[PDB]
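Drug bound: estradiol. Macromolecule: 17-beta-hydroxysteroid dehydrogenase type 1.
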Amino acid sequence: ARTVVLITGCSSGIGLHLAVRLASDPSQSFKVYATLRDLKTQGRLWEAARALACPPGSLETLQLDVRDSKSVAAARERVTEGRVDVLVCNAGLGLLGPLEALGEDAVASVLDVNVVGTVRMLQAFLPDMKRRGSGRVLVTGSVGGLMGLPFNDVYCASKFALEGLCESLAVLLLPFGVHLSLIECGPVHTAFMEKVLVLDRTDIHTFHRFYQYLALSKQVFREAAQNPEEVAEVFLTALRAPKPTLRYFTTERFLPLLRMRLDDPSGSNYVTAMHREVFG
Amino acid sequence: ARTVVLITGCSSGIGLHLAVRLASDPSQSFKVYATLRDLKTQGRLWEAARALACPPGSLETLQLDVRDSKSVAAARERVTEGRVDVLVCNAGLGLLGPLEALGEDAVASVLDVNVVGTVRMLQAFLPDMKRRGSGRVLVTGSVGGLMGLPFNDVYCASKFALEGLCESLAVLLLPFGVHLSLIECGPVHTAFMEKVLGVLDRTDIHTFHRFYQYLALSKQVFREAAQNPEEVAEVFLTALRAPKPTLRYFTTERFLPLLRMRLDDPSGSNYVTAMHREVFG
Ligand SMILES: NC(=O)c1ccc[n+]([C@@H]2O[C@H](COP(=O)([O-])OP(=O)(O)OC[C@H]3O[C@@H](n4cnc5c(N)ncnc54)[C@H](OP(=O)(O)O)[C@@H]3O)[C@@H](O)[C@H]2O)c1
Ligand SMILES: NC(=O)c1ccc[n+]([C@@H]2O[C@H](COP(=O)([O-])OP(=O)(O)OC[C@H]3O[C@@H](n4cnc5c(N)ncnc54)[C@H](OP(=O)(O)O)[C@@H]3O)[C@@H](O)[C@H]2O)c1
Ligand SMILES: C[C@]12CC[C@@H]3c4ccc(O)cc4CC[C@H]3[C@@H]1CC[C@@H]2O
Ligand SMILES: C[C@]12CC[C@@H]3c4ccc(O)cc4CC[C@H]3[C@@H]1CC[C@@H]2O
C-alpha cells in the first residue's frame, strides 16, 4: 500500500522489470498495478515477482490495452486505492523500413500506441492527480525521439511526438504538484527489437542502404544495448527526486551525439554526422 | 512553365500565398499545382491568383485530401508533366485546450492530417524523385514543433513528429540529390487560429483559469508578433533557391534565444521554468 504505481506494457522488457523492482522494493512502500495488453502473457512477470518475494498484495496486474480508451477506463476503475501516485507510460512499438515500404496499418498502429495511447492514459489519469495536487508521471524515453535515425522515420516521428506531448504538459503542470519526467534510453535488451521488422516497394539504392543499416544496427544494439534492470533503477532515481527534472538519461553514450545536434539549428551538421555514423 | 511545384493546403493561409507567389513569378519558371482538401473552396485562391495576375497555365488546382491515399494517388496522376520538382507539404491543423478536454477524433485527425498526411505525400512523391536524383521537398515547419507549448500538447506532438520524420528521412536522402527542408514558422496571420478553438465542463476550474491566462498571452503574441503569409512565402523561395539547402529555414529569429535556451539544457527543466514563467508569469 502507499505509493500506488500503475505501469503499462509489463509483459516484458522494461514494464516487467520496473514492475517487480518497485513491488520488491525493500521499503515495501509501493503498491504496483502492472497492467498488460493481454493477461495470458503474464507468466514471466509473476514468475519474476514470485522469484523476488514481493509482499502479498504488493503486485496486482490488470489488462490494459492502451489503444482502447474503454480498456483504460476499466483498469482505472480497478485501482481500488482510488489513486495513482506514480503513473508509468511505458508501452510502445518500433517500426523499421524504407519510408515508401511502410504500410498504412503499421504506421497508424505505431502512432496509436506510442502517442495516442499515452494521450489516453493521461486524460484518464491527470485529472485526479491534478485535483489531488499530487502525482508523478514517468514516461519511457527513447533516443530515436531525440534525433532522427535513417529507416526509422515513422518510429522516430512517433517518438519525437511523446517529447512534444510531454514537454507541453510539464510547462503547464509545474504549479499543480504533478511532475512529468521522461526516462531516456538507448538500445535496451528487451523483446523490442525481436518484434521490430520492401524489396518490391523500394528502389535498389534504398534497398542496399536498408540492408547496410540493418546489419549495423544489430551489431551495435548488441554492443550497446543495456539491461532492462539498469533502466528501472533510472525510473527509481527520477521518482525518488524531491523535484524531478523533465529528462533522465539511462546512459551518457548519446549525449555527445545530442549536443552537436543541438549546437546546429540548421541541422546540416547532425545529418552529415549521422549519415557517416550509419553508412561510414 | 518549367519547375513543377506541388503544394498541399492551398485554400488559404501559407498554401494560398505560396501557390500564387510562385505562379506569378517574373521568371515564369514555375508550373504550380495548388492542391485543395476540397476543390469547392478554391474561389479565394483564384481571386488572389488574379490579383497578382498569374499568366494562363501557370496555376492548376487539384483535390488532395492528405487524409486519403486514393486522393494522393489521383493528384499525383494529374501532374501532366509527370514529375514534381518541388513538393511543399503544407496542409496542417491546430488543436488547443486542456489535454483531458480534447476529443479522441480531434487528437486523431491532428496526427493524421499533420503527421500521417506528410507520410502519405512523401511515400507517393519521393520515389520518383529518388529515381530522378533530383527534387526538393519543403515542409511547413512550426515552432510548436521545436519546443513545447502549454494547452497545445497534441498539436505539439504532431509537430515534433514532422521533425523526427524529416530529419530521419534527411539522413538517408543526403546522398540521393533529394533535398528536404523544414521552413520553421513562428505565429502567422492565416486562418489557422480562427479554427484552433472556441472547456469549463471538461476541466477543472484551476486549469480553466490557466487556459484563459494562456489565450490572453497567445492573442497578444499573435497580435504583436505574427508574420504575413507572404513574409513566410519568401522563405520557401529562399529555401528552394539555395543550391545546397539546409534542413531548417527559420522565418524569424524571434524564438531563437528561447530555442538555444532549451538547446543548452538537456535535462529540460530550465526551458520548462522559463516557458512556465513566460506564459503564466
Ligand atoms: N528496447 C529498447 O532498446 C528501447 C529503447 C528506447 C525506448 N524503448 C521504449 O520502451 C518501451 C518498450 O519497452 P521494451 O523495450 O521492454 O519493449 P518490449 O520488451 O517489446 O515490451 C513492451 C511492452 O509493451 C506492450 N504493449 C504493446 N502494445 C501494447 C498495447 N497496445 N497496450 C498495452 N501494452 C502494449 C507489450 O505487450 P505485448 O508483448 O503483449 O504486446 C510489452 O508488454 C517503449 O516505450 C519503447 O519504445 C525501448
Ligand atoms: N498560422 C500559423 O500561425 C502557423 C505557425 C506555424 C506553422 N503553421 C503551419 O503551416 C500550415 C498551414 O496552415 P496556415 O497557418 O496556412 O492556416 P490555414 O489557412 O488553416 O492553412 C490550412 C490549409 O490546409 C488545409 N487542410 C486541412 N486539412 C487538410 C486535409 N486533411 N487535407 C488537405 N488539406 C487540408 C486547410 O483546408 P481547409 O481550408 O479546407 O480546412 C487549408 O486549405 C500548417 O502546417 C500549420 O501548422 C502555421
Ligand atoms: C532507435 C534507438 C536509438 C539509438 C540507436 C542507434 C544509434 C546510432 C546508430 O548508428 C545506430 C543505432 C541503432 C539502434 C538504436 C536504438 C534502438 C532504440 C533506440 O530508441
Ligand atoms: C507554435 C506556433 C508558433 C508559436 C505560438 C506561441 C508562442 C509563444 C506563446 O507564449 C504562445 C504561442 C501561441 C501559439 C503558437 C503557435 C501555434 C502554431 C505555431 O506553430
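Naming convention: chains lettered A, B, ... in sequence-line order (proteins, then strands); numbering from 1 in each chain. Hydrogens, waters and symmetry mates are skipped; everything else that's a heavy atom, side chains included, is used. Remember, it's 1-based here, ligands and their atoms both numbered in the order they're listed.
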List the ligands or chains that belong to estradiol, copies included.
ligands 3 and 4
State which other chains have a non-hydrogen atom nearer than 4.0 Å to estradiol (ligand 4).
B
Which nucleotides or residues of neighbouring chains are within 4.0 Å of estradiol (ligand 4) (non-hydrogen atoms)?
B:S142, B:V143, B:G144, B:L149, B:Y155, B:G186, B:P187, B:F192, B:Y214, B:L217, B:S218, B:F222, B:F255, B:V279
Which substrate-binding residues that UniProt annotates in chain B are found with a heavy atom under 4.0 Å from estradiol (ligand 4)?
B:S142
Give the UniProt active-site residue in chain B with the shortest heavy-atom distance to estradiol (ligand 4), rounded to 1 Å.
B:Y155, 3 Å
Identify any other ligands or ions less than 4.0 Å from estradiol (ligand 4); say none if there are none.
ligand 2 (NADP nicotinamide-adenine-dinucleotide phosphate)
